[PDB]
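What follows is a model of Uncharacterized HTH-type transcriptional regulator SAR2349 carrying bound salicylic acid.
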Amino acid sequence: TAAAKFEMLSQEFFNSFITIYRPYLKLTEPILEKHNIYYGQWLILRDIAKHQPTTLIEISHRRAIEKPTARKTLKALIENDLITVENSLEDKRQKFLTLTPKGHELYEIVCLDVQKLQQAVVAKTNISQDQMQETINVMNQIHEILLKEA
Ligand SMILES: NC[C@H]1O[C@H](O[C@H]2[C@H](O)[C@@H](O[C@H]3O[C@H](CO)[C@@H](O)[C@H](N)[C@H]3O)[C@H](N)C[C@@H]2N)[C@H](O)[C@@H](O)[C@@H]1O
Ligand SMILES: O=C(O)c1ccccc1O
């Protein structure tokens, strides 16, 4: 349920990359399942790690989600002692978030596995380090038009 829980040339172009996303989650899912953590949770955990100290506000915006799912997910991450909250007396949404030592352990373990899984998939294809630096360039152009719009 880890991947499950997270529930014309141009047509063939957007399809090559927009249809790889779920197989992908289904493949990298066990990595997460092994740390008793879900995708949504994990995506949040990673966001806190790349930008801590951060706050729900900041996280919602960056991640591009709704405070309700962001907040409900943050609570579990907390509930599971993977991130901390600077104890003040402001509103939860404004407080600071940081990974707990536990969370760093987990995070770093997951990171290392994904990288390994990913390096493996490439080593099973004819793709070159050129094709990968060149894919990224096509890709980023698109990712830009999508964000510089939304
Ligand atoms: N808001 C929607 C989000 O959709 C994606 O979901 C991403 C998670 O990061 C991955 O999580 C872990 O598995 C991946 C497999 O390698 C790794 O790439 C990643 N570093 C690991 O953390 C997850 N499995 C799929 C995908 N990567 C983007 O990432 C994120 O930016 C974007 O905003
Ligand atoms: O329950 C919390 O401690 C909490 C903290 C930050 C953001 C949302 C929350 O529910």
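Throughout, numbering of the chain's residues begins at 1 and tracks the sequence. Header lists the method as X-ray crystallography, 2.9 Å. Every number for a ligand or one of its atoms is a count from 1 in the order of the listing. What you see below is based on every heavy atom in this structure, not just the backbone, and it leaves out hydrogens, waters and symmetry mates.
- Tracing salicylic acid through the model gives ligand 2.
- Short-range neighbours of salicylic acid (ligand 2) under 4.0 Å, ligands and ions only: none.
- By UniProt annotation, the domain of chain A supplying most contacts to salicylic acid (ligand 2) is HTH marR-type.
- With a non-hydrogen cut-off of 4.0 Å, the residues around salicylic acid (ligand 2) amount to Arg71, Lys75, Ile78, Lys92.
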